[PDB]
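The following structure holds isoniazid.
Chain identifiers are assigned alphabetically (A, B, ...) following the order of the sequence lines, protein sequences preceding nucleic acid strands; residue numbering begins at 1 within each chain. FYI, side chains are in, hydrogens and waters are out, and symmetry mates aren't considered; it's all heavy atoms of this structure. All ligand and atom numbering here is 1-based and tracks the order in the structure. Per the header: X-ray crystallography, 3.2 Å.
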There are 2 protein chains.
Amino acid sequence: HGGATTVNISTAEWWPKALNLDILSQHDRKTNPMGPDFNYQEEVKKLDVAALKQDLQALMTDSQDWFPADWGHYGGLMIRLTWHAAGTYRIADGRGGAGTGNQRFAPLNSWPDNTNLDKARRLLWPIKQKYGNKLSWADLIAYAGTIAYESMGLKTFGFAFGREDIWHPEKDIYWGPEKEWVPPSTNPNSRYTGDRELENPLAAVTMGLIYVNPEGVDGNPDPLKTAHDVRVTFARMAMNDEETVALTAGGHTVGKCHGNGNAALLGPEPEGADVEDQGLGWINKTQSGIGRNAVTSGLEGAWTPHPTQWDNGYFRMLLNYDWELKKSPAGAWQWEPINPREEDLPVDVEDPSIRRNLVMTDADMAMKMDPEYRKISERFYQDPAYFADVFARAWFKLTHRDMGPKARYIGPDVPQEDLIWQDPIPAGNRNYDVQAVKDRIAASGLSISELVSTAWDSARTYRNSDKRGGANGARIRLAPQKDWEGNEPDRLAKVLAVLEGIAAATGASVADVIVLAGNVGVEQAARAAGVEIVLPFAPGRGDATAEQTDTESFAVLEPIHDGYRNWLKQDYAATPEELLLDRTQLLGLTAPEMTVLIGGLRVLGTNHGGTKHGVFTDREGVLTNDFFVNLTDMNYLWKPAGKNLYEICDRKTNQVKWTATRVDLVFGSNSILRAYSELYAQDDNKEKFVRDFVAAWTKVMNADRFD
Amino acid sequence: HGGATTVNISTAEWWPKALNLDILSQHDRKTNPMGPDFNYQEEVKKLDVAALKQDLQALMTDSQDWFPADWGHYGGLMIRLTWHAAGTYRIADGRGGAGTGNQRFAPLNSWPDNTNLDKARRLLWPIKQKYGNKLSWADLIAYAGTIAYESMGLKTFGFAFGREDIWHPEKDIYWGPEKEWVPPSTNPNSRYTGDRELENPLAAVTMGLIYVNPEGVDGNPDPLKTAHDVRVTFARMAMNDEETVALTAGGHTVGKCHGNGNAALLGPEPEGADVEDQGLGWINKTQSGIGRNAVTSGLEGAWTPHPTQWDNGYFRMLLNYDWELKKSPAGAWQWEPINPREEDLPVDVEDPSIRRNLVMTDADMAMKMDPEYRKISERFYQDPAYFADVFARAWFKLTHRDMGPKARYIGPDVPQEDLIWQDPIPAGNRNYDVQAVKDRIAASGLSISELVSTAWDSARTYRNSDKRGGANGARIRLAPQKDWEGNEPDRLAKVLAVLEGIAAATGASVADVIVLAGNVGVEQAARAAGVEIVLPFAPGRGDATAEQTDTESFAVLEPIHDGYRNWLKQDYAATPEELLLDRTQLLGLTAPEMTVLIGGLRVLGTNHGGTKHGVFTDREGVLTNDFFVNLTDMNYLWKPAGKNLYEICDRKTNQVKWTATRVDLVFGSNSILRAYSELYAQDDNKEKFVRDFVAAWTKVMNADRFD
Ligand code: HEB
Ligand code: HEB
Ligand SMILES: NNC(=O)c1ccncc1
Ligand SMILES: NNC(=O)c1ccncc1
Ligand code: NA
Ligand code: NA
Ligand code: NA
Ligand code: NA
């Protein structure tokens with residue numbers, strides 16, 4: 001046969017550095033099986049949430065013969081699922097999280113840490129079958145641990161629904177440079193550089209772990225290094241000290257470690273296992289892997305005397321006893337108590353009249369041994385009421401920190417309360433005379449550059465990874481945002497002065513105006529070209545207050561690179577086009593959209609700094625395919641002027657016609673991008689360019705509109 | 001930053017064997033930049049072909065300063081472009097060819113053999129700009145060599161238009177196992193196995209060569225090995241001895257080898273070159289690479305005294321002179337004449353008053369030295385008229401062997417003649433009473449299995465790689481097809497007997513009936529389910545005669561594997577699911593379509609051999625999601641029964657409920673496919689399953705309808 005039917009037969013073997021444009025073309029018609037008028041948001045509403053919880057509760061104690069629930073209670077497992085489902089989230093880029101059901105596809109379905117979560121997912125199947133298209137997996141998975149906590153005795157803070165499902169792995173996510181699973185923090189391709197600093201975009205200490213290692217740093221028990229490790233990793237998943245302790249205690253307040261066997265004797269991870277395993281993994285055909293002779297972490301024992309119940313066991317065991325390293329039966333550093341009481345011994349998973357042992361992971365010990373955590377552990381020990389209130393919030397934050405604003409939240413249990421990390425925003429003045437505001441905007445002595453940049457910049461923060469950022473809420477005017485360099489705070493100030501009063505004058509939100517300012521500016525550059533159109537408009541945006549604005553959090557959204565405005569804050573070690581590709585992907589743009597947006601924003605002179613790189617025109621401020629036209633023109637030759645800069649030179653005359661950056665010239669060099677640049681440079685495609693630029697513009701501006 | 005912005009950051013690093021489903025999801029909305037009501041077939045019609053040739057002719061002698069035409073004539077280069085554009089085609093799978101404009105994207109844009117074709121493509125740009133959306137690149141490229149031949153003095157047989165463009169590389173194509181360019185025919189990953197046999201699906205002797213090596217087999221001049229090499233490679237691109245000679249002589253009757261420099265001193269291939277090279281490649285910044293001090297093959301000299309003119313020079317030089325190995329200035333085995341005449345010396349590319357040398361490649365020598373080719377070379381020497389008629393056809397076959405049937409051909413120069421390799425088919429009886437034929441079909445004592453298999457099998461031959469195969473022409477009834485095992489010739493015979501007379505009785509083509517037979521059978525299994533529908537229908541199919549049917553050619557289409565009917569002729573070394581993925585891709589099916597088609601065809605008992613593997617039903621012959629339902633059901637466990645077989649067993653009882661093949665179980669193991677199988681197993685999706693199966697069924701049946 002002659003197809004390329006295995007995954008490694010790619011064009012990525014000869015040119016490994018080459019741009020990964022495939023990440024822009026994800027989740028398209030052909031991969032998606034749903035109809036095209038399908039819409040989950042409206043379909044989920046129709047779901048009998050009441051009945052659903054009837055059945056999740058049901059299941060938690062319906063032990064299946066093919067994978068026996070510890071003590072007749074899957075509660076433990078189901079929480080871990082949801083923990084690990086959410087564990088992947090990182091604040092740098094917002095990627096990862098419970099938000100997509102990413103865990104039922106590779107790579108995550110086969111991470112060491114996600115061991116046996118394959119079973120959990122399958123245990124849920126029959127429910128997802130019963131409820132069908134009204135209950136995505138992403139949601140079902142996010143609920144499972146939450147109902148589990150209820151059934152085990154915790155009042156949880158609430159729940160939303162409305163996480164749409166995907167149908168393949170998120171190609172856009174970079175999980176770390178490692179080549180094998182769980183390596184030491186020094187190998188040829190280690191993610192640690194310098195002062196043992198975890199390179200600045202990742203949240204786990206090694207590949208295929210969720211947050212940290214349980215045997216301690218690099219397999220080497222040390223409660224106080226571990227402590228440090230925990231503090232950074234959780235911080236990068238947006239959790240603070242209080243939250244972190246609360247979560248760890250809260251998790252380990254139920255359930256068990258499983259390591260009562262020989263790890264190596266387990267089958268291959270689910271992506272490695274063969275068709276007979278029903279797409280599960282880590283199956284053990286040699287000996288029994290169910291119930292009691294079962295291995296998962298390699299660690300063995302339960303943190304509490306009653307692991308199917310919510311109680312204070314975790315700090316009671318941790319603070320009362322003294323603890324000491326020992327080795328699981330599978331052979332793993334764990335901590336056990338030095339001569340405890342039989343009463344405190346969790347019993348056996350099959351036969352309740354056999355007492356087994358207790359454990360602590362190195363990360364559990366970090367809670368006692370670290371001076372800062374210790375202070376919090378004490379607080380929850382003698383104030384359980386607080387512990388449970390804190391934890392229930394943190395679990396709910398954990399499981400929703402990536403759904404973005406409350407516009408998208410759905411179903412009966414949604415905290416009516418506004419959390420600061422829901423980046424809240426008022427509703428906007430729905431209706432009023434738009435055309436009037438356009439009128440007054442046009443009046444001001446305000447250039448198309450000024451208009452369009454500001455509008456662009458309010459909008460450019462958005463990212464689908466976790467649905468933060470956007471035009472909406474006009475957080476651009478507020479701190480910390482109005483002082484960011486890339487955001488040009490002088491230009492900004494000036495524009496807002498105008499637009500704030502025009503918005504005051506009109507009772508249309510600064511946001512709506514900031515946007516409409518862009519819109520106008522486009523239409524002006526377009527008309528001046530000769531095609532006159534009205535850009536569409538979505539009024540209704542609120543104006544979020546600085547109280548409801550966690551400024552420390554918003555730093556991860558600072559633009560320190562924006563190709564669309566030829567902005568680069570430093571010289572980074574990633575190429576400035578790789579950088580753009582990242583940005584573009586997070587906006588949710590396609591490759592062609594990315595292509596037009598450059599072409600247009602160049603010739604409208606939106607270039608940050610009043611720089612004129614990639615402004616291939618005499619007709620600056622006028623929406624034309626001029627960029628694409630001179631880019632593709634071989635009357636010119638391109639010369640490096642060092643460092644993200646080139647000179648465009650006439651071949652005959654040798655004079656320099658313009659300058660440009662890698663961001664600009666990537667569209668004339670890359671074969672797929674030059675396909676698009678050639679398209680728009682065609683004589684017959686000036687209307688296409690302009691219709692097209694505008695659709696894309698519009699798309700970006702309505703990026704965060706969940707209404 | 002945290003995106004996966006370079007190509008090698010994939011899931012294909014941990015599980016290299018894993019199924020490449022990405023090949024099914026190619027050429028989708030997000031990669032495609034055109035509008036959605038765009039349609040090229042109708043848009044090309046509007047093109048001023050007359051003016052186009054005015055300009056191609058124009059260009060052939062408009063030498064550009066940035067890449068100087070040999071003698072003021074690009075003719076040579078432009079032919080080579082089109083040759084190499086078409087060179088990629090292979091008959092095994094139909095993949096490769098001029099048909100898509102695949103050459104302007106990686107990998108082909110950077111093959112060693114395609115060296116400097118990057119310049120050719122760019123030289124054409126301004127024309128493609130001028131004509132815009134009415135002239136795809138795929139067509140423009142296919143024309144360039146054809147107008148070149150005209151302008152140089154050859155009456156070409158004709159031209160079609162209507163090759164749609166792509167916007168990224170055809171991921172489906174496997175070019176060979178090699179890891180470096182042009183290696184020896186023995187390295188760890190060599191494509192040669194056994195008696196130096198080129199493994200049965202590929203048409204070049206090594207990676208990134210078009211057909212064969214010019215320095216001889218493995219760099220080792222031997223006209224008579226080379227000869228053999230040529231004979232097989234060309235045969236695998238569908239050319240016979242007569243055609244092959246004709247083409248080689250015909251090509252080398254104009255143009256030159258360029259090797260007047262230091263090869264190593266050339267820049268990186270276009271995918272390797274940096275943004276400053278304007279997405280060209282092999283640029284030489286150190287010294288001059290234009291005009292005369294120019295390197296391409298490494299060989300140097302011209303095959304004929306007049307290389308810008310069509311003449312008899314090629315055989316005149318080859319047959320009159322005796323020849324001897326020597327070395328280009330770049331250092332390459334070529335053959336030169338032993339003391340020729342100055343008159344016969346092609347002059348210099350810049351200064352016509354300097355005489356240079358002649359060459360022959362080892363493949364040119366193969367024409368003289370091989371006894372069989374020699375006989376043909378003699379024939380063309382003393383009968384130029386014949387040579388040119390033969391060659392013009394072969395060039396036109398070369399450039400159109402992949403466009404499929406003449407339904408798709410467009411524009412003023414199309415040979416009114418029918419060539420046998422256009423797999424011709426009569427027009428069908430457009431209108432007549434369909435419902436009547438349905439009526440009579442239903443009458444016959446003919447099962448849903450019988451109906452649907454036959455209908456499936458007539459249709460299953462189709463492949464988009466080169467648009468051969470399909471329901472149309474009913475070539476299934478004819479030889480060689482009605483004797484293929486997988487095609488079940490008894491069952492077949494029986495059905496046709498019936499359907500032939502029903503078609504005789506009705507004046508609807510056997511093809512239309514064969515299809516409509518399937519259609520009915522579906523509707524019967526569907527109604528019996530309880531959903532009653534009318535499947536759509538495209539009448540109009542002709543019935544091709546066995547005269548207009550090159551039976552040797554049709555062997556490459558024999559189904560020796562069809563998962564959709566659990567058919568496997570042997571035990572191949574590729575996995576039976578990899579095999580399906582290939583088939584599915586060539587049909588043009590998506591992953592979800594692939595998924596339903598299995599689910600349905602199983603339960604309709606279409607399984608080849610009357611086998612019951614993957615027939616998870618009591619209600620055999622009834623269109624239900626039964627397959628998906630029991631597949632996903634964990635009351636069962638799957639046990640290998642050796643060799644593409646498994647037993648589905650009740651966990652409690654240990655009895656065997658059904659059997660199944662890897663093709664069946666791949667949908668319950670693969671994470672992306674089990675996503676789709678779970679979808680269709682949902683309680684709420686029986687109508688979806690059935691609407692969906694039917695759309696897919698329909699798609700397959702109208703696969704070859706270009707009307
Ligand atoms: C929230 C929640 C949570 C959290 C946060 C956590 C956190 C954690 N964790 Fe966890 N875990 C958990 C919850 C949890 N957790 C659970 C539930 C479990 C168990 C369950 C069962 O039973 O399975 C665990 C389990 C577990 C285990 C065991 C596994 C088995 O099965 O065997 C381990 C090793 C761990 C570790 C860990 C670490 C290292 C950390 C850091 C911090 N953990
Ligand atoms: C048809 C057509 C054709 C064909 C078939 C061919 C076939 C061939 N071929 Fe060829 N070629 C050609 C056409 C051709 N051809 C041309 C046209 C040329 C050149 C052009 C120029 O001038 O560049 C060549 C060229 C050539 C060269 C040179 C390159 C440069 O530039 O330097 C070589 C080496 C060759 C080889 C060859 C071989 C080995 C073969 C096998 C067979 N090529
Ligand atoms: N390996 N882990 C288990 O088998 C399990 C854990 C928690 N509840 C039920 C089963
Ligand atoms: N390297 N080949 C050339 O430069 C060329 C060949 C044929 N016509 C024009 C230029
Ligand atoms: Na995310
Ligand atoms: Na407990
Ligand atoms: Na092809
Ligand atoms: Na000639």
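All instances of isoniazid together account for ligands 3 and 4. Taking the chain with most contacts, the partner of isoniazid (ligand 4) here is, per UniProt, Catalase-peroxidase.
Counting only heavy atoms under 4.0 Å, the other chains near isoniazid (ligand 4) are B. In the deposited model, no covalent bond links isoniazid (ligand 4) to a chain. Checking the UniProt active-site residues of chain B against isoniazid (ligand 4), the nearest by heavy atoms (to 1 Å) is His84(B), 11 Å. Taxonomically, the PDB assigns the source of chain B to Synechococcus elongatus.
Distance cut-off 4.0 Å; other ligands and ions near isoniazid (ligand 4): ligand 2 (heme B/C). With a non-hydrogen cut-off of 4.0 Å, the residues around isoniazid (ligand 4) amount to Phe67(B), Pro68(B), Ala69(B), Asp70(B), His73(B), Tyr74(B), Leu77(B), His258(B), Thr296(B).
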